[PDB]
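So that the names make sense, note that chain A is the first sequence line, chain B the second, and so on, each numbered from 1. So this one's X-ray crystallography, 1.4 Å, going by the header. Side-chain atoms are counted along with the backbone in the values below, which use heavy atoms only and exclude waters and symmetry mates. Both counts, for ligands and for their atoms, begin at 1 and track the order of listing.
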Number of protein chains: 2
Amino acid sequence: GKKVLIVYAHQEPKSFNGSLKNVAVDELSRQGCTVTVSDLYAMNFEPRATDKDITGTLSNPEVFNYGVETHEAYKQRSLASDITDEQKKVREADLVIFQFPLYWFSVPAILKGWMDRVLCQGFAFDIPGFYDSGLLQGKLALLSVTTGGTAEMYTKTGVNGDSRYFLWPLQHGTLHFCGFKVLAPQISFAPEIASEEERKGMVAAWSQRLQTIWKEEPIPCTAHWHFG
Amino acid sequence: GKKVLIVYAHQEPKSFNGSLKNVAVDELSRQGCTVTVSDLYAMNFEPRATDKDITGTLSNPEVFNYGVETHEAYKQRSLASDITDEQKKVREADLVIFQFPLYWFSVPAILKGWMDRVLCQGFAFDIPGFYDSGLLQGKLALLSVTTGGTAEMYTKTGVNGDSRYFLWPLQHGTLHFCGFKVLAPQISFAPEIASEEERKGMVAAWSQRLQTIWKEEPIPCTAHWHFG
Ligand SMILES: Cc1cc2nc3c(=O)[nH]c(=O)nc-3n(C[C@H](O)[C@H](O)[C@H](O)COP(=O)(O)OP(=O)(O)OC[C@H]3O[C@@H](n4cnc5c(N)ncnc54)[C@H](O)[C@@H]3O)c2cc1C
Ligand SMILES: Cc1cc2nc3c(=O)[nH]c(=O)nc-3n(C[C@H](O)[C@H](O)[C@H](O)COP(=O)(O)OP(=O)(O)OC[C@H]3O[C@@H](n4cnc5c(N)ncnc54)[C@H](O)[C@@H]3O)c2cc1C
Ligand SMILES: COc1ccc2[nH]cc(CCNC(C)=O)c2c1
Ligand SMILES: COc1ccc2[nH]cc(CCNC(C)=O)c2c1
Ligand SMILES: [Zn+2]
Ligand SMILES: [Zn+2]
């Protein structure tokens, strides 16, 4: 019996993003999976990487190096509880779904801050200890992204480039780096411009894909997949 | 005369980023330029895109849509003042320099939230009015980035892929989108690994480049430049 974490980054429960999150919960629930949702905005999740992320006393109180300090806090069980709460959710999950609108060819800052502060060295990766040596191997990850731009725009010769090109930092630089196998992204192009019925189709595509998510092989998370 | 804004995203004044920011201020100062720095961590800059960013009557109080509400608020002058404060700095600047450490093949969340909240519709772009018709046309922008990974790792055949691939969402999807011309990036690779003379070299290389910044031409911020 499979365990899923949804990390959800939208301000509005009635949004397209909210509905994608809610049918994921509905469908994965119906299947009998264990489901957990991190509703970042509702949590007022802190995005900033600061010295407040370490409790007690610093490994080097004179010069603050966030990566060093968080690595030695993880090893010594002195990370801030908001971090470690999320790390627990990840540790337990077989699959991590990220549900977000595209902000500047990336994730909204609040979700960027989740990646920055939750995926610390010792938990997600070490230096050295990354990519296939990353610490979240055996887990699946999946980006479920909504865009303002059309599919059209997201082509190699289109104004925005191929959508793969913006996935690189997220899928490869982040999710692969950490050991994840990367399920094929779910991209919901341009719902604010789509008709009701097209929107319904995209939600149902997502509901249906979700019926057979566990039968999926990861994408090959390569430069060639993304650029060639 | 020329006017520079440095948007700086590092927690530690004694860091390698801190040194790069200060040599920029020193050199650009020496040349007679007008220089302004937004030290985001020191400002406790808010990264989250929330309904707190609009103080006036919302256009749809039942269903919150951050893009629609911020676009309206900018036109009516009911955005949060922290946003407006940054927009004034950008509007005055001839050149915007971003100084940051690479976090997950991207900017630190606090700086992502600057992008998200400061570059709103009406101020930075319109629909229509983006890419070469973006509202910040006539301005220059430059990413000054530091990394953990070495240069070799950031090559087409190295584990990270070429350095330009991770620049795409920044340079193209954000800066060119808003009309900026983009000067070639300054990438200071792996300062932590480097020797102290090589670190000094990197600082001084940046200072030296800034001597002739105003004579540079922008890159052609296309898919071909980034991906080949
Ligand atoms: C800071 C910022 C940066 C941005 N940067 C980019 C960028 O780089 N690239 C880009 O392409 N876009 C960008 N965008 C736009 C953003 O990606 C899209 O606006 C977002 O993806 C749309 O998703 P949403 O959930 O808010 O849509 P919504 O507007 O909330 O939903 C679209 C419509 O679907 C309806 N809907 C909701 N649930 C259902 C349902 N169950 N069935 C049918 N219809 C339903 C809603 O009611 C609504 O009418 C940016 C936006 C912001 C604010
Ligand atoms: C959340 C997170 C995610 C990351 N993701 C990535 C990623 O995707 N890819 C990647 O490659 N890296 C990544 N890193 C690594 C990060 O990019 C590097 O740690 C960072 O760029 C190093 O810069 P710094 O200023 O912090 O270095 P510092 O550690 O501050 O500097 C290195 C040394 O230079 C010294 N120094 C300072 N000023 C000078 C001077 N004037 N002359 C000589 N020496 C000087 C310092 O004192 C120090 O000893 C990540 C780190 C974190 C925390
Ligand atoms: C994809 O390369 C990455 C990804 C995440 C990372 N975090 C950290 C490093 C290197 C140095 N360590 C710190 C300071 O965190 C790093 C490299
Ligand atoms: C880099 O693309 C971006 C960046 C910021 C943005 N904010 C809102 C949108 C949607 C714009 N809608 C269309 C179809 O043009 C948007 C796109
Ligand atoms: Zn990969
Ligand atoms: Zn471009």
Legend entry - Partner of ligand 3 with most atom pairs under 4.5 Å, per the PDB entry: Ribosyldihydronicotinamide dehydrogenase [quinone]
Inset, instruction - Return the drug name for ligand 3. - result: melatonin
Inset, instruction - Show which other chains sit less than 4.0 Å from melatonin (ligand 3), counting heavy atoms only. - result: A, B
Inset, instruction - Identify the binding-site residues of melatonin (ligand 3) using a heavy-atom cut-off of 4.0 Å. - result: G67(A), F125(A), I127(A), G173(A), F177(A), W104(B), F105(B)
Inset, instruction - Quick one: look up the protein heavy atom nearest atom 10 (C) of melatonin (ligand 3) and list residue, atom name and how far away it is. - result: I127(A) CD1, 3.7 Å
Legend entry - Atoms in melatonin (ligand 3) with a heavy atom of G173(A) nearer than 4.0 Å: 1 (C)
Legend entry - Taking atom 13 (C) of melatonin (ligand 3) as the reference point, the nearest protein heavy atom with its distance: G67(A) CA, 3.9 Å
Inset, instruction - Check the UniProt substrate-binding residues of chain A and list those with any heavy atom under 4.0 Å from melatonin (ligand 3). - result: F125(A), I127(A)
Inset, instruction - Below 4.0 angstrom from a heavy atom of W104(B), which melatonin (ligand 3) atoms are there? Numbered from 1 as shown, please. - result: 4 (C), 5 (C)
Legend entry - Ligand-side contact atoms (melatonin (ligand 3)) for residue partner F105(B), heavy atom cut-off under 4.0 Å: 1 (C)
